[PDB]
Protein chains: 2
Amino acid sequence: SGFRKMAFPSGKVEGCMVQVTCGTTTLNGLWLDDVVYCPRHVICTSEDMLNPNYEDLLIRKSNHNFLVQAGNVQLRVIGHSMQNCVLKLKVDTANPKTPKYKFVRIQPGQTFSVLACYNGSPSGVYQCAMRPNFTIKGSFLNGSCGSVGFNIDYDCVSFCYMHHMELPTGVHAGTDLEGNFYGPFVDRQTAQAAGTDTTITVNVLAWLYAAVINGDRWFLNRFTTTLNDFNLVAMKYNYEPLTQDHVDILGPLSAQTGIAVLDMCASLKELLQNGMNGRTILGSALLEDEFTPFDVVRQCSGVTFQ
Amino acid sequence: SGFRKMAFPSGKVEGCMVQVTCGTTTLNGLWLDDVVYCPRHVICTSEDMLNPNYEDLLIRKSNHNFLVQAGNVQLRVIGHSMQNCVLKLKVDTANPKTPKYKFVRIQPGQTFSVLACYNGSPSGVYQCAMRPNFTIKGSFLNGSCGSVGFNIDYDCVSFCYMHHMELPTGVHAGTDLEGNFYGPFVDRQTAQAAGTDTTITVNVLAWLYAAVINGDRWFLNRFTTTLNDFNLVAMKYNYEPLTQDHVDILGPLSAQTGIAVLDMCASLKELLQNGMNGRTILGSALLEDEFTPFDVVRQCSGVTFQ
Ligand SMILES: Cc1cc([C@@H](C)Nc2ccccc2C(=O)O)c2nc(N3CCOCC3)cc(=O)n2c1
Ligand SMILES: Cc1cc([C@@H](C)Nc2ccccc2C(=O)O)c2nc(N3CCOCC3)cc(=O)n2c1
Ligand SMILES: [Ca+2]
Ligand SMILES: [Ca+2]
Ligand SMILES: [Cl-]
Ligand SMILES: [Cl-]
Ligand SMILES: [Cl-]
Ligand SMILES: [Cl-]
């Protein structure tokens, strides 16, 4: 029993982390097969990050300008290319620690683990969610760019995030592994800010199911509601609208606990309208929205990985 | 920037996890050099866990009764011994993935990462603290026994916890890697319950320092206090007494931020007496006490590991 914000085991990703240096700048790269992936702004000086012309800055770079180090061993770069906002470096050796992997562009509300790295060395692992406004609330310092986010399905690592930028807000923005930013952000230090940070309703509901499975049930009530009635409340509190697709995804948790989804919605409605009155749920005094329904089923059943 | 509940990279430990089966029972073991460590109650049936005589139950076991599997490969057991509440199995092959490691018995209030495992397969990683009452608030299901907790210092893994028992309360108890339980708990399913769960004051203070370093400073006030005055408040709210040793450990964070430790104590005092008034600190509506001062300095500076 017990519920915790749980990250995937990071060993498979640790074996893919390398250090990439372009003249003055050092950040992290991801080494899979014979390609190293890193943020293209590695080719930039801090003087360039205001209005960089990435295509022009890359004309002055050759393969031998990209210094790639896997732990202690230097990799030989035999080609380079820009794909959207990521630089791909072809090396002459396939990473022997390459796991089975895929590249995935995740949807807002989905969760993933982040391996925070500096100078190609792993530092820590924690769980994140892609916010509805396409930011993540992470822990990233200077040098952490190129750290990746991922999910693990038994033996396969699905890479979904590469870290690029910290916004003035203190939240974080980045790309998928094809180099396309999540949301409207660009790899330029300009005036960009995050939109409304809406709460992921279906995740809060999943987490309430997780709470009931663990004995935290003081929030269950005698009420029910409808999708349209609940959504009037969700809107007022800057919650995402709940759809029938969300209800269906909660099906297994509804079946396991015998709590109708709309009954749980009426519990959430009361929590939003009245607060918690100084109580707690699964050790939290706030409503948690970075557990997906799959996350709750995963943890509450004990699924393992290669 | 940003602060997150961050676990150590788990790869070095993943390579040490194995499955141990004794007749009917399967749990996890830790394979370091040519020894496998696991909870001794692997030799028990569910009928034995009420009043087990571990010495008598072990008389009927031989080396070939202990089935040890590292992923897919079976290990040959050439000796077995009981040390306190842990069973040590000598195998004929040294784990080639053995990291540099040590065994450490941690103090209450110290934190560590847990690699939750089932059938010798890693499932997830999360950060824990040894509570003042010698329990941990973890995420453990049946089959998770033998999962370990650890800290990583650059290249060295310091193992500090092995999971054994879930108390009726829903909290968790276990041993160091010499098999000595933390606290008064025993590996018997009897009437045992946790004592008063006191809050780790020095950790809350460290986390308030972490908050200021990130722009959450609404809780700073115009007040100060004394150790004895603050401790009158700590006692009332079931906080651990703060000592000069605690003040000294907070020195580096006090120096970095220019906030006198006793000034921060007056901020915590006001928070305890008035609550948060519906505000939040580093994304929490509660006062967090599972970050040590070292944890805050670690994350806020970017220390990495082998
Ligand atoms: C041996 C090889 C291969 C490539 C290209 C064709 N292929 C890759 C380049 C980078 C990473 C992966 C690959 C790949 O083929 O999988 C490549 N692309 C280069 N570019 C610079 C000018 O603009 C176009 C890209 C330069 C170079 O020396 N290359 C060498
Ligand atoms: C080859 C070897 C070695 C040992 C002991 C001496 N050594 C270990 C036993 C278990 C794990 C590690 C070691 C070690 O020597 O490091 C050992 N201890 C056994 N015991 C059963 C009866 O009560 C005493 C223990 C049985 C056995 O076949 N052993 C075989
Ligand atoms: Ca295979
Ligand atoms: Ca060495
Ligand atoms: Cl892994
Ligand atoms: Cl490698
Ligand atoms: Cl590791
Ligand atoms: Cl191994």
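Lettering of chains proceeds alphabetically from A, tracking the sequence lines in order. Note that chain A is numbered according to the PDB entry, with residues 1-306 shown in order. Quick note: numbers on chain B are straight from the PDB entry, i.e. 1-306, in order. Determined by X-ray crystallography, 1.6 Å, according to the entry header. First listed ligand is number 1; within each ligand, the first listed atom is number 1.
Ranked by contacts, the top partner of ligand 2 (the one with most) is named in UniProt as 3C-like proteinase nsp5. This structure shows the drug at ligand 2 to be AZD6482.
Taking 4.0 Å as the heavy-atom limit, the other chains contacting AZD6482 (ligand 2) are B. Site of AZD6482 (ligand 2) with heavy atoms closer than 4.0 Å: B:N63, B:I78, B:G79, B:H80, B:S81, B:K88, B:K90. In this structure, atom 16 (O) of AZD6482 (ligand 2) has protein heavy atoms in its sub-4.0 angstrom surroundings.
For atom 5 (C) of AZD6482 (ligand 2), no protein heavy-atom neighbour is present inside the 4.0 Å cut-off. Protein heavy atom nearest atom 12 (C) of AZD6482 (ligand 2), with residue, atom name and distance: B:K90 CD, 3.7 Å.
Protein heavy atom nearest atom 2 (C) of AZD6482 (ligand 2), with residue, atom name and distance: B:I78 O, 3.5 Å. For atom 19 (C) of AZD6482 (ligand 2), the nearest non-hydrogen atom of the protein is B:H80 O, 2.9 Å. Checking atom 21 (C) of AZD6482 (ligand 2) against the protein gives a heavy-atom contact under 4.0 Å. At a distance under 4.0 Å, a protein heavy atom can be found next to atom 29 (N) of AZD6482 (ligand 2). Heavy-atom proximity to B:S81, at under 4.0 Å, picks out these atoms of AZD6482 (ligand 2): 9 (C), 10 (C), 11 (C), 25 (C). Most of what chain B uses to contact AZD6482 (ligand 2) comes from UniProt domain Peptidase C30.
Using a 4.0 Å cut-off to heavy atoms of B:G79, the atoms of AZD6482 (ligand 2) that qualify are 27 (C), 28 (O), 29 (N), 30 (C). Within chain B, the UniProt active-site residue with the least non-hydrogen distance to AZD6482 (ligand 2), rounded to 1 Å, is B:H41, 15 Å.
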Does AZD6482 (ligand 2) have any N/O atom under 3.5 Å from a protein N/O, and what are those pairs and their distances?
unit_1	atom_1	unit_2	atom_2	d
AZD6482 (ligand 2)	18 (N)	B:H80	O	3.4
AZD6482 (ligand 2)	20 (N)	B:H80	O	2.8
AZD6482 (ligand 2)	28 (O)	B:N63	ND2	3.3

